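Working notes, structure below.
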Amino acid sequence: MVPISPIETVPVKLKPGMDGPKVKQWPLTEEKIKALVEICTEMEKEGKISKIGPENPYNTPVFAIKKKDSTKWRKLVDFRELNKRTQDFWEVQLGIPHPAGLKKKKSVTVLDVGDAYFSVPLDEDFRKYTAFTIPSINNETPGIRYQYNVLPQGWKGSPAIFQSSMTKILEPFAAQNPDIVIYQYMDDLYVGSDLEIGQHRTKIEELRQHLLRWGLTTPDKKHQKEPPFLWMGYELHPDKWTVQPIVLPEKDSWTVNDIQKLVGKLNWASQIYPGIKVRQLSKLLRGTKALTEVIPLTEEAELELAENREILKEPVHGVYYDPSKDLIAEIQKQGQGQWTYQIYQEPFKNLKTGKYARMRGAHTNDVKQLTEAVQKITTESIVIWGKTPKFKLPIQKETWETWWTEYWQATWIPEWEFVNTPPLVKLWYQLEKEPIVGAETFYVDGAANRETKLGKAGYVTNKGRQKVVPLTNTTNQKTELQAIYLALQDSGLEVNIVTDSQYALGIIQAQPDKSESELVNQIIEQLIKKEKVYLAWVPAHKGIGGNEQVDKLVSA
Amino acid sequence: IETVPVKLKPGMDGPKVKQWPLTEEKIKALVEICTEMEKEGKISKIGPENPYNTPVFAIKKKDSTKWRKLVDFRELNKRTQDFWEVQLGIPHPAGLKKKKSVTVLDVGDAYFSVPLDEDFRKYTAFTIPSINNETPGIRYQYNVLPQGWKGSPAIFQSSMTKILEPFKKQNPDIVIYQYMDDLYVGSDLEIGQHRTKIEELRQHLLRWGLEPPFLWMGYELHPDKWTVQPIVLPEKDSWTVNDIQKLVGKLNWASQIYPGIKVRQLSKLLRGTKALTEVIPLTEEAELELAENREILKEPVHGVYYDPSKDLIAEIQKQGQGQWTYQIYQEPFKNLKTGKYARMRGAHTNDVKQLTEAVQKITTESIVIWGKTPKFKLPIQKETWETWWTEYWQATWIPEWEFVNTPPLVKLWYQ
Ligand SMILES: Cc1cc(/C=C/C#N)cc(C)c1Nc1ccnc(Nc2ccc(C#N)cc2)n1
Ligand SMILES: Cc1c(CO)cnn1-c1ccc(F)cc1
Ligand SMILES: Cc1c(CO)cnn1-c1ccc(F)cc1
Ligand SMILES: [Mg+2]
């Protein structure tokens, strides 16, 4: 015989304080027992399990399940209890490759390594915890007791230990053959290269010889799987990729659950189909989670759905990454807090697409949202390609400059250029840094009673213009905004406004262009119409002329 | 050579912190660094039975071209036992902030000479990720004291004091203070003398070492010149209504810091409903009030004291044109230090680089004055900060931070 290298075992512990399972074996029919005994006799002959004495106090239940449309039973050892008691492991498969970061390959071969899975020994000291019992016929003898010597299917640690054992075996082959890539998924190895097919098949036989150094055999009859590959919701081809078919159902009426499935499909589609939208469909899922409830589709959701069906009418594909070329990311505003983007290297050949939705918040503006979308695309791009794309953005250089130099927070967007494709992001208003000479000064205030919700808002000016309005169902905060609105409504194109409202200043200094508050929106619409606005703050209740007078009129 | 036993705090598991995305250039640099560290025995590959993780990245220290591995041990440091066995602590030297020159040395490479407790090593696990997750991340743990871990200066402290004894005995007026991987060395000598003593010091560690990749570097500080920011009011011959409003607002804010501030007579000047740009003559009563306020503001704030059991808090405001103001305090209105920067280096069109440099300078000042890092209140959206700060970081420690999303009105008063 040829000596083979053993596969080093991973030491395994139960969680601190926990003992192994001691779970009662369920009674089985005479027919199932016979089948389990034969199944386990073969598993024992192959070294996977061993008979054990009666000292071992642990147990996990075993079942027999009829493989459908067959007279052949299958065994199921239910490790749910052992899994709760087994330590956590490092999971390598958490982050999966995105197809758009892959490289084009001339050849990809698949090798089955399912038999290798059983050459992976289980830590000797942990095996006792895997014990199970086949009941005896008529319960007239002791049940047959076995424990595992290999990684059991269904045990918490098997995927991580198997993958880590195979990676360690493969590392030297991958390092000394930088002209191929190797990727493990389930019980298959995928090997890609750009070599002429003869050298590629030579590498494959070398990989087979390498694996034999651990006694791992791979089937000679080459795998049935061949490009394209169905993998993690995608279709991988040698020189392009896409998502698996996106089929939006026809339906006369929609359920909560249906709509959740629809949004899931649209979100999956949006990584290569440009311009997918889900705002108006997601709005129907607000708050409620009664999976059977029927929701009428708005007219806006019907249009969105209709626009998406058009986008999905025919297949679209992405190309793979060429590390020798720059990555470019282009972003468009779509409306209603929705943004869309394409990442490409050659014009008209996208690597991938995507979308970004406005965060939930009281007030927002387009520049902030664009910035957030840039940071999300940057982060995704670091993950997929390890570098930041160059950005093509629908905002003028001078607008950006004005924004970031005057904004109260630090902000930054990496290297970018203006793309003149409407709608452009712009600054809708900009307040003055100094009081305006010749503009009327409005001293504004409002007040409300917390009990009757009755309030007053108003202003007085240096020209003797005055207004007070009585209000119902209102609050101190609302009346303070209402007073600023009245001053904007009644002033000319240039106005100085003096408020004592720290709340109103906090909102306006955030520079919103849209709001959940219809009052803030009304104020924004007035600001857009002005030529010059200076907003000044003073402290309340300090004898400041103008402010003192209007405070008295509105708190009466 | 023999390991000090080390434990986590009671009822506390190891860190399980996600690795954030790394650029291609930082991954390649870390692969090269870690291949060498593994050959030298400092780190070892680990298996999947280790579920712990701490993030790693790579930097370029100020004024150099070579990469430096930086492990973000912030969570591990929180979870590690406190080290009071031999000493309750190293009473922070109050003379350090009074020296004319303080040089900061990266001495972290010395730590690699001391093995780490075999049972604690698992908790130092980290991952070098691969681009697009195409290959399994490379998993390591430390066999020796790591850079950035709070235990390392503590366990190495007996060896450091011995290494430095001949230098201290020969230079008794020098203040040497160790914070994490930094050594701070302060003297009142002429900088040419100063630099020579620093080089003298390096040799003691080279001699013992027999190479440290960044020991040769020197970050120079002059804390005796550090400037503060008292509250100052304008001196004007013509006051507009708007000017007086801003003065009353600033004085109202100051009255929460200083008791006897009065605004009654200044308010009285605005009696009526005047245009904001109209000039108002100060009456005598208003002028006296204003002088009395000026005088109050020249005195220190009452009841301000440092408590080493409380966090230091640092707030920063962007003032524009490359200028930043900041305050360090433990209790509201009781500032322990205030200040202002404008010399933001190579960042005239990058706010976020400027803020990152400000955070580093403030943290350095905090280490020198109190011997610990403040918790920062940063005027930036979390996502913007997280995407970019590691591109500009040059320190070997990392402070804690939270985000300010609502504009503070007080920015106007620190202008
Ligand atoms: C992640 C991955 C999944 C599968 C396979 C998963 C499955 N099923 C196969 C391979 C070889 C890889 N690894 C890599 C690494 C770098 N470039 C590529 N490019 C690449 C992969 C497949 C095709 C095709 N056809 C073309 C290019 N693949
Ligand atoms: C193929 C598909 C769709 C298309 O409707 C949505 N999610 N997926 C999906 C994505 C990833 C998977 F692993 C499995 C399925
Ligand atoms: C630096 C960091 C943290 C830690 O603050 C979290 N995420 N990131 C981050 C964010 C975006 C990136 F592109 C890379 C890393
Ligand atoms: Mg009022």
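Order of the sequence lines fixes the chain letters, A, B, ..., with proteins taken first and strands second; residue numbering starts at 1 for each chain. Scope of the values below: all heavy atoms of this structure, side chains included, with no hydrogens, waters or symmetry mates. One-based numbering, in listed order, for ligands and for the atoms of each.
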What drug do the PDB records list at ligand 1?
rilpivirine
What is rilpivirine bound to in this structure, taking the chain with the most contacts and naming it as in the PDB entry?
Reverse transcriptase/ribonuclease H
Identify the other chains in heavy-atom contact with rilpivirine at a 4.0 Å cut-off.
A, B
Extract every residue of other chains having a heavy atom under 4.0 Å from rilpivirine.
A/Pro97, A/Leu102, A/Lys103, A/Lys105, A/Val108, A/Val181, A/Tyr183, A/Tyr190, A/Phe229, A/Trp231, A/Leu236, A/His237, A/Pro238, A/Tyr320, B/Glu134
With atoms numbered from 1 as shown, which atoms in rilpivirine lie under 4.0 angstrom from a non-hydrogen atom of A/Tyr183?
1 (C), 2 (C), 3 (C), 4 (C), 10 (C), 12 (C), 13 (N)
Before signing off on this row, confirm whether A/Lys105 and rilpivirine have an N or O atom pair separated by under 3.5 Å.
no
Chain B: PDB entry name
p51 RT
Please report which non-hydrogen protein atom sits nearest to atom 14 (C) of rilpivirine, along with the residue it belongs to and the distance in Å to one decimal place.
A/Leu102 CD2, 3.8 Å
What's the shortest distance from atom 24 (C) of rilpivirine to any protein heavy atom, and which residue and atom give it?
A/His237 O, 3.1 Å
Considering only protein heavy atoms, which is closest to atom 17 (N) of rilpivirine, and at what distance to one decimal place?
A/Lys103 N, 3.2 Å
Only heavy atoms of A/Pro238, strictly under 4.0 Å: list the atoms of rilpivirine that pass.
24 (C), 25 (N), 26 (C)
